[PDB]
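The model below depicts Cytochrome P450 1B1 holding estradiol.
In order, the residues displayed for chain A correspond to 51-57, 70-300, 313-525 in the PDB entry numbering, which applies throughout. Below, each value reflects all heavy atoms present in this structure, side chains not excepted, and no hydrogens, waters or symmetry copies. Whatever order the structure lists ligands and atoms in, that order sets their numbers, starting from 1.
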Amino acid sequence: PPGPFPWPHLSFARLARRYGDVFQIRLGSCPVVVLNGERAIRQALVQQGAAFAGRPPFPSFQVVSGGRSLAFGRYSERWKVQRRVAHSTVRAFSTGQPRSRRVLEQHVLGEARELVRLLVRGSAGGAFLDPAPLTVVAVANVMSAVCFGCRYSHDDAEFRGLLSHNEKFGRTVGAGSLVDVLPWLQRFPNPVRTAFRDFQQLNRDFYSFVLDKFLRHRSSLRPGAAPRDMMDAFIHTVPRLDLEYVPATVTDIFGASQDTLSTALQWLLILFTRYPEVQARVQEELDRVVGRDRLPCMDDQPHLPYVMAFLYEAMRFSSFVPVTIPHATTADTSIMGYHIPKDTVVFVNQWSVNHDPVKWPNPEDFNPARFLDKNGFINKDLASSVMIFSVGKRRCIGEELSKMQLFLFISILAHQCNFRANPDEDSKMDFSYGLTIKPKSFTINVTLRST
Ligand code: HEM
Ligand SMILES: C[C@]12CC[C@@H]3c4ccc(O)cc4CC[C@H]3[C@@H]1CC[C@@H]2O
């Protein structure tokens, strides 16, 4: 592999155009490999998936979910069991339990209507507002209903703690990651360390919060009649797994859906405002198939080719998850002719797959018609090649869950309201990097619409 190069996610694409699809970088102490091409990634993660299905052993990882995290657990024989049930259980709720689709669809509807309420009221007359704090609230409330059944009221005190948990979490994860590349920072006092502690105590305070919900759920109506929410489904579905694994995976299912689905909606909104033509086409397609007397539902998703095309290309354009969770090699392997030793950290650049000019002819241009190939004038299945949920054995287990969720959100948001940009904000979607690519602070005006 090309020798370690010294110094965002765009920098990785700069070196791939010059030093090859695969190369090494020095991250302080640890050396790391980078995969940038769809060829180098599909090869490593799909073909040789079992070889790249590992995670680095980091300080940030273990405290999460009480050292039993699915997202940060090492590749092990018991981990494989943790995923199989985790993937199967979550798949059960999103699609397959006609009830869970309903129980989920009800929770998405409810919070989605609360969203247009607070969005319109906040834009009374000609007022503009920042939708970022509303998207995080809608995401946190919905996922609480999926994990714990109870969809709290926005003023509920316990719900205020969840919101307060996500904030500090996203604000201190940076320190938790700095220790992973600068482990000596813990050898003396400094602000990063003082923050790393706050991050580790957070995942303890929050795991106990979820462990409680588990106990109070377990010793409650146990005929097995129906899973109220994700918690029961995990209990019903239980090498051997310690019973403590059920709440450990739910702590990940919650923490995972937060920052991404929020950013997802933030992009879907700021895009409606910067491209009013496509917003119209989206708006036309809902009135034509669904009508004006009822709200959209999932059973219309097949009959809504453009709405999803807008979704799939919003994910491609933003690529708000530019780099996946760092992988580690399970054994020695070779990719593109290079030797790869074991226990080596390897990043996966999803941004390079979504902006490779050969694949996507005009990469930096927002055009949802890509996934609509007019010869059939129906949605084309190229979406599967959009890299945002990753690939292989560590791919997101909530892919088919967040697709329905987001589909129901923008379809309700666009079926009821008209999103206008702010004329003073200089257009030009400016990005805020780190975690996921959130669009830097913006404001929009949301008004109802008629037909
Ligand atoms: C827009 C929505 C989402 C995006 C873009 C997203 C993205 C990702 C990414 C980049 C990874 C790491 C893949 C890798 O390491 O190769 C991942 C893994 C994961 N996701 Fe998400 N995610 C989303 C929503 C969700 C949801 C809704 C859930 C749960 C219902 C979830 C749970 C997880 C878990 C548990 C993992 C770890 C899987 C593993 O390590 O084997 N995510 N996702
Ligand atoms: C790491 C990300 C933010 C933190 C998310 C998280 C946060 C906590 C957790 O226990 C699991 C996960 C898995 C999905 C993670 C996301 C995948 C991409 C995003 O950057």
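- All instances of estradiol are found at ligand 2.
- Below 4.0 Å from estradiol sit the other ligands and ions ligand 1 (protoporphyrin IX containing FE).
- Binding site of estradiol at 4.0 Å, heavy atoms: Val126, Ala133, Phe134, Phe231, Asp326, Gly329, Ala330, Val395, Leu509, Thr510.
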